[PDB]
Each structure stands twice: as C-alpha cells, then as structure tokens.
Chemist: 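I have a PDB entry of ZK200775 bound to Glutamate receptor 2; a few questions follow.
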Amino acid sequence: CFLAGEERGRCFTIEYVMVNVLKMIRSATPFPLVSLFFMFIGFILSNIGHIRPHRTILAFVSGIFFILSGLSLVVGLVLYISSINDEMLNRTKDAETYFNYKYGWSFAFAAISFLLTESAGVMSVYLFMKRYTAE
Amino acid sequence: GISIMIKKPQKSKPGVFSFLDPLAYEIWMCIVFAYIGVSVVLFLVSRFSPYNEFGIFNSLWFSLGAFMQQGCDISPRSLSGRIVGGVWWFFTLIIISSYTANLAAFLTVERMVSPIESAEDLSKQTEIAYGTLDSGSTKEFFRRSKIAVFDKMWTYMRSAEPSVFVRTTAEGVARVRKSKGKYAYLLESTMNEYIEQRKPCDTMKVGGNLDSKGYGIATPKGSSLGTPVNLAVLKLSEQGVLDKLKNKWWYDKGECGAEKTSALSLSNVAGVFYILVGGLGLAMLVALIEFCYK
Amino acid sequence: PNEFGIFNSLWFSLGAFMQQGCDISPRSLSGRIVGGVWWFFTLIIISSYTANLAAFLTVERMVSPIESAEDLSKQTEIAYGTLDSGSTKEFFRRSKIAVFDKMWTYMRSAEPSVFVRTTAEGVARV
Amino acid sequence: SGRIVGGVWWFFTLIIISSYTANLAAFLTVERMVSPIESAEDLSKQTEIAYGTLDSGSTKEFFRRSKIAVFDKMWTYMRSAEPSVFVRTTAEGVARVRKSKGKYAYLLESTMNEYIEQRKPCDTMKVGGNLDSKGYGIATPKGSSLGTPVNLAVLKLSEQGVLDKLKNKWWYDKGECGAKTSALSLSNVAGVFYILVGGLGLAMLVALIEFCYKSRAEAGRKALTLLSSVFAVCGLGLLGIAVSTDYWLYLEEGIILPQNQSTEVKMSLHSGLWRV
Amino acid sequence: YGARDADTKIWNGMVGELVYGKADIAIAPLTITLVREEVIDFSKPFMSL
Amino acid sequence: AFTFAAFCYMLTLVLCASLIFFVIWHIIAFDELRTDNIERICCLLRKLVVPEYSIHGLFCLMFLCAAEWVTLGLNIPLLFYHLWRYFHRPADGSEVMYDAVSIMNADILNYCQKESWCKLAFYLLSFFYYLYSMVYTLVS
Ligand SMILES: CC(C)CCC[C@@H](C)[C@@H]1CC[C@H]2[C@@H]3CC=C4C[C@@H](O)CC[C@]4(C)[C@@H]3CC[C@@]21C
Ligand SMILES: O=c1[nH]c2cc(C(F)(F)F)c(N3CCOCC3)cc2n(CP(=O)(O)O)c1=O
Ligand SMILES: O=c1[nH]c2cc(C(F)(F)F)c(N3CCOCC3)cc2n(CP(=O)(O)O)c1=O
C-alpha cells in the first residue's frame, strides 16, 4: 500500500498486480506462516496437557512445537532480510538517489515474537520435568 | 565494427554459500578429509599403545574442538598422541589465519570481473542471451557469414524465444539496463563507446571489433571534390586531428569520468545461519532417534 | 540422557560465541551437533568481523587529501570552481601545460555550474 | 612463580599470531591491488614497466608529432631514459619482452603483434586496443585500368568474409597456441598439509616405538650424570668454537647490471663479533 | 616499402617500383599514408590495424 | 601439482601403513591360536577388525570424492568382501562382534586362514599402489 507517491493508499497484492517489484518476499512469504502453524498446533497441545494429567508425554511433545515455531521464524526472518538486501544491491547506482528501508513495528513484533515463543517453550519443558518426574 | 554491449559487472547477488569463498573449493574439501584423517590417527594411537578415553566418538570431538578454536575438554596423554594434537593444532592456526586474511582481501580490494571477454565466450554458453537490431547491417552480417563462430551465434538468435531482436537502438540499450545483464546487445562499436559515456553509466563495451567496416566522407561520382577531400582525410588522420576530435566528442564532452566499503549485509553470512538452523534441526532428529532407541 | 540447564546452556553459547570455551561440553551425539554447528557459526561471524574491520581501517587509510593540482585533476568526485569573470578563468582557457587543460575540460562541460559569480558565493559554497 | 611464565607467554602468542593474521592479510590485499596493464594510459603512469619502440619507422614518428597528450607523456619518457628503450629491430624488441620479465613493453603494429603471440614459443600477448587507426591497402599505379575493379573487388572480399577467412587461416589456424580464481588454492597453503600428514606419520612411527619400549620391558641414576656433563663440556665448547673462527654474517654486497639483471658482487664480509 | 630521399626525391622500394613503371599492383602491406596517396592510388583498406 | 586427489593418496598411504600393522598383529595372534586360549583370542581379535572394516570404508568414500574411479574400482572388490563379511558369520551375542566363539576347528579356521593371507596380500598391494599414484600426481 503506497504512502507518499500516488498518495492514495491503495492496498495492492503482488500476486498478479501490475522499480519496486516487491516479489523478493514472495520467495520468503510462507515461512512466518509455517511458523504460525506449528505455533497453532503447539497451542492446541498446550492446555489439553493441563486438562488431562494422566497421559505422560504431554508437555514435551507440545514443547517441541513451541521451539519449532521459533526456529522456523528465524529462517523466516533471515530469508526475509536476505531477500531485501540483495535487491538493494543490484539496483543500478545513481549518486542522486537514496534508498532507505527502515523496518515497521510488526517486524518488531515478529522479533519480540521469537523471545516470547521460546520462553513458552522453555517454561513448558520445565513443566515436563516437574509433572512426569513426579508422575 | 560490430561489438558487444553488456551491463557494467555489478557487485553480486551474494548467494547463500558465500562464506566459504576465501578458501577454494578444494581446500575446504581437503579439510574435511584431513579432519576425519587426524581424528582417526588420534584414535589408533590412543586406544592401541595405551598409556583410553578417546573413543572414535570422542576423538572426533577433540578435532572439532581443535579446528573451531573453541578448545578441548580432553587432552592427549602420550608422546605419540600429543604429536597428533601437535600438528593438528598448527594446522588450524594457519587455515584460520588464512581464512581471516583472505576475507580481509575480498572486502578491501573489490574487483568485478566480466563474464564474457570475446564473442567466443558468448558462443561457449547459453546463460546470457544475445540481441541485435531487427533490420540493418548488424542483422545481415551473421546470416551471410561462414566463419562458424558467427554461424553458431546466428543459429541461437534464429530460433530462441522470447524475441532476442529489438526494433530500435534505444530499445536494445534499455533491454540491458532493466535486464540485470542477461542480454548482450550488439551495436556498432562507435555507439558502444557513446552509450557507455552517457548517463546513466551502466553499460560497457567488452571484447573487440568483430567485423571491420569504415565510415567515409562521400562525394558524388566524378566530382572535383573527390581528390581534395580524399587527400585531406588522410592529412587530418596523420596530423592527429581525427583523434583529438574523437576524444572530445566521445570522452571529454562526456559522462562518467576516468570507495566506502559498506558493512556486511545479512546476505553475506546468511549461508551460515541456514547451516546453523539446519544443524539444529538435524540434531533434534537425532534426539528422537536416540530416545526411541532407549 | 545432568548439568545442562538454561543457566548452563546460556553459558556453552556465550562461551562459544566469544571464542573462549568453558568447562561444560556436550557428551551425546544429539548434543555435540548443536555444539558442533554453533562453533562453526562463531568461526565465520568473528572472522567476518576481524576481516571487515580490517577493511574499514585500510580503506580510510588510503584516503589522501588533495595536495596538488594534479591530485585534483583526477578526482571526478571533488568538483572544481572559478569566479565567472577575471584572470582566473582566462588562465585555464589559454593554458597549454596540459594539467590545466584537463582542468578546463571539466569546467566547460559540467553540470551544474561550477563557475560561481562572486568570491563571496564561491567561498560560501566551500 | 609459575603464573607469570604462563602469563607473558600468553601475551607473546597474542602478538605473534596477530602479527601473522594481520600480515598475511597484507600480502593478499596488496597482490590483489596489482592490476595488469590494459591501456595506453595505464602504461603512461607506470615508471616501473618500461616502454619501447623500433628505432626507425612510423611508430616513433607517431609519438613525436602527437598532440593527444596521453602520447606526449609517452614520448617524454622515451627521449629522456636510460638505457636505450629504443630497440633497433623487431627481432630484438620481441626478444627483450621474452627475456626481461614484466619490465619491457614494446609498442608495435597490431597485425605483427597477433602473429607473434600465436607463434612459438607463446611467451607474449597483446593488451588493450589500437592506439591509432592506420590501414593497409592494395596499390594501383596511378590511373591504370586496374584501379577501379581492384577497388570493387576488395570491397566484395570484405563483405563476403574472405578477408576474415584469410586472416583466421594465417594468424590463428596455422598458429602455435590455442584460442584468476580470486582465492587461496592448495599451492598456497601446501606445506601445512605436508606438515600435517608428515606429522601424523611421525606419530604412528613413534607409536610403534612406544608399544615396543614399555611393553617388552614389562616381560636412570648414572645415565643422567653421564650425559649431562657430556652435553656440558661439549656445549661449553660449542659456544667457544662459535665465539671465534669468525663466520656469523656473510654479506654478498652487489650491483645489478640491468641487461639480464646480471647480479655482480661489490664486496663480501664475515664479521664475527669483534673481527671484520 | 617506401621513401622520399630528400636529397634526390626518389621513391624507394615498393612504391618506388610502382611509381617508376615496373609493377602494376602491390598486394602487400602498404600503409595508407598521405605521402603515398599523392603518387599512387590505394584501394579501400583490406585490413585495419 | 598438489590437488585434492593428490592429497587423498597421501592420507590413505599413511593410513594403510597401519592397516598392514593390523593384519600382522592379526595373523600372529591366530598363530598363537592353532599352535602354542579362546576367550583372550576372543577379546584381542574382536578389537582389531572393526577398524579395518571402517578405515577401508573411509577409503571408498574418499576416492569417490577425489573422482579416482580406477582406484575406487580397485577397492570395491575388497569392499564387496567386507560388505558381506559384515553379513557373513554374524555369529551371536548382540555384541559388536567378530572372530570370537569356539575356534580351533577346521571349518572356521580355514575361513580364518582366508583372512591371514588375503588381507596382508591386498594391504601390501595397496601400499605400493597408493605410493604409485601419489608420486604419479605430484610430478604431473
Ligand atoms: C528446524 C526447522 C526450522 C526446519 C528445518 C530447518 C530448515 C531451515 C531447513 C534447513 C536447510 C533449509 C534450507 C535452507 C536454505 C534454502 C535456500 C533459500 O533460498 C530458501 C530456504 C531453503 C530452501 C531451505 C529451507 C528450509 C530448510 C530445509
Ligand atoms: O589586477 C587585478 N588585481 C586583482 C586583485 C584582487 C585581490 F586579490 F583582491 F587583490 C582581485 N580579487 C581576487 C578575487 O576576486 C575579487 C578580488 C582581483 C584582481 N583583479 C581581477 P582578476 O582578473 O580576477 O585578477 C585584477 O584584474
Ligand atoms: O608501409 C609500411 N608498412 C609496414 C608494414 C609492416 C608489417 F607489419 F610487417 F606489415 C611493418 N613492420 C612492422 C614492424 O616493423 C617491421 C615490419 C612496417 C611497415 N612499414 C614501416 P613503418 O614506418 O614502421 O610503418 C611501412 O612503412
């Protein structure tokens, strides 16, 4: 969605619309979404480990998906940022032009999203070594 | 003459393996097999002829603990077992000091080499596409040639789609720029030295002249200007007036002219993060396989 | 299948990114791979830091100040300048010393106007 | 008492290694700056590589009357130079390029140049492009009948490509040859791999010796007293023979005679410690 | 190839045998100069150098 | 011309120089068996084999990567044996294994006399062959 040039804030989607081709992220699009899916199925196995305490391996298998959420998010982050940087280099040089590429705040969430969803993994995996080591 | 036009060889899109560029692809392969090699000879000398703890799973961990400079946990205790630790240590003091040293050479002196350097170099590939004008001398030259380098170069652009031809000169220029060079246009060599020296400085003339034509001042048949013109064009060329007046219009009244060393982007060392996370994910697969084994 | 909690596994990582190893080492094939490729990660990130800080400091050491006419002849980055009326233009235009001829070759064919009109302006551009 | 010996040895191996990494990164970034001569101008500035022109012909005469002023500096060298950059014959001028490695840069006509790089031995090549643009030609006498059909034949042979088929047939096809890697190769770090494998081989060799020594002895006092005084009175005399009989530093002082570089001495020396 | 010995104004060699009668053509490397295209005619260049 | 393949012959030479030390300590230990001790000959000869299975297994993956198919094709007939010598006589015990239970007979001893001559023959053949192509590359 453009902001300054062509001032109207029309939210295009680069799937098939129209240098700014923006399909550098199109190679890297599914990777936060893949990490979101393993964070969904980890959250499903979060509270059902609390509902039934009788089944043994409930915190750890759930805890795997909390970590796989984070590692898939990092590769999401790197391949995002790696795909920005090379597109900012193959642009033909002109010393009358500047390319700023300052990040937003959802990327700041996605950065903070790693910190929390690893903490959830570490706390859930300490829950396994008080639950099952007693049970 | 006919000559080649490509984009100025750009820095890179540094592919995500580019950490291991300072050493060759045959030193990194010699390291891995001299890793296994010096791990094994440590194992023979530690178990046989004992003074022990260095199993083959523990002697690999010594030598990975000696190549990555992170130190070891288990030192060898025998005269022959220390000489294995003695010359493997001196191996890693050189290969890490040749890795840091040569990577300080890539980042200081950056030279961009061009992919092609002839017409033969364009013939001995299929990666870069050609291009000429659709109607003109440059078009007709390859067709009627029989020199077999310019005949292979015609069979390509005879058939290969999307259409390698253009319909005007500014098209062919603006199909190199906007194309991240994959398209080598084929100008006359006086326009290659013009579009290079006009802004935006993006394209250069590589190689030399293929054909050799010549521009001429023309006078009509049997005119009486035919003799003085002819004896003055030769007179100018010897008096250095056809060269001094060539430097002026192509180069002097012209653009480009005759660094900063920016920080490493994420993309340069991005090959190591992928080896890191893939090195984690393979270990968590070893975690499950070990646990089901127990 | 301990000594490796998150208070000690945040210490065989900080004892590995800095290249000073601690007393803790993994003793399983499951864990000596995580300790494996983390080690190789801190051999490339450090040796791409030493070998890049040695490429700032040897590229701003090459930087030489302009100390001559000729050392201002070759620089197309730093622009020239002359007042638009007086003996100073007229020196270059009729010069044959040919260091100065290239310098006049710039000042005709340039954009924008390198020629200031007044020495109050010409100083104020510097 | 012992953590000082371990102290300043540590600081000794922080300076010797970091003066090795930081010097091997000063070979490899100073032989990466080295650029080949690929132009006239890039041979104008080099006072190391010398110029060269045959002593009689149009090639000198091009520079002397040149006003392009890249060439004027090039003529400014060739007058005022020692020794004579001007060879007399193109057999000699090539033979100086053959012999004097990377010093001499003979300037000749392009069609003589390409028929010497593809002719035994291939020890030379053509850099850059053409400086000026001459032309060869077929000469009709003054006004004869063979002046317009020859001129209309040498246009026809140019377009059909016979003048290119004939150039490739004599410069290239009857030639004698054909037609950077930017990284350390195994030749560079070679001796580390020899000191590795040669190092391992000494280990397993001593591992046989270690096995025989302390296992077949299974199935001292005076020796230290003997050998140490042996090492003493020898080593007392080793430095004694060293401190006299003055051979410590040879000094093969010499000069360079630039023809074939002809290393010729000036004096020599074998100063001991107080005896020259 | 050619000369203009200024003491005697005689063309030497190949141009000196093609001004002075005893040749009709000179298919050979003659450099197209100015002083040579005043006394003999050249074709268009077969080779550029 | 020290290339990668030139290194590989250097390494497998100094490795196979202790492969011949394996088989010489292998034949003399079984010379003590049939002449001159079942559970010691159990222990000592279970140890020695698993190197000379695995180190030759290293040699086959090395020259694969060194693109030396001639020398690769040489070792695979020894590997074809050892791939099946891993399979044949997998005696019992769920232990590591080898050459160990109930020896001093006629059948397994001739199966061990096959080991005593053929291994020292090949490893002294290989030590001369590796020094061929090591020198053959470095002077080329
Ligand atoms: C543990 C979790 C995160 C999943 C397993 C590890 C992921 C990072 C693995 C390790 C090797 C990886 C690859 C790493 C690099 C390549 C090239 C890049 O252009 C796109 C991502 C891509 C194609 C891969 C994606 C996924 C991948 C298979
Ligand atoms: O005789 C002359 N003497 C000059 C003396 C000076 C001064 F330096 F102030 F003494 C100056 N300036 C220098 C810069 O511009 C503003 C005044 C100009 C002079 N000019 C004009 P010119 O043609 O530019 O030399 C003359 O003609
Ligand atoms: O018309 C001329 N045609 C020439 C043609 C050639 C050749 F290249 F062989 F074709 C040469 N050579 C190049 C080097 O010196 C030895 C022979 C000299 C020529 N010269 C003498 P110039 O004055 O040096 O040009 C002419 O005058």
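Just so it is clear: chains get the letters A, B, ... in the order the sequence lines come, proteins before strands, and each one is counted from 1. Remember, it's 1-based here, ligands and their atoms both numbered in the order they're listed. Header lists the method as electron microscopy, 3.6 Å. Heads up: this isn't the whole entry, just a piece of it, and contacts are only counted within that piece. Heavy atoms only: backbone and side chains are in, while hydrogens, waters and symmetry mates are out.
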Chemist: Point out every copy of ZK200775 in the model.
Modeler: ligands 2 and 3
Chemist: Tell me the other chains with a heavy atom below 4.0 Å from any atom of ZK200775 (ligand 3).
Modeler: D, E
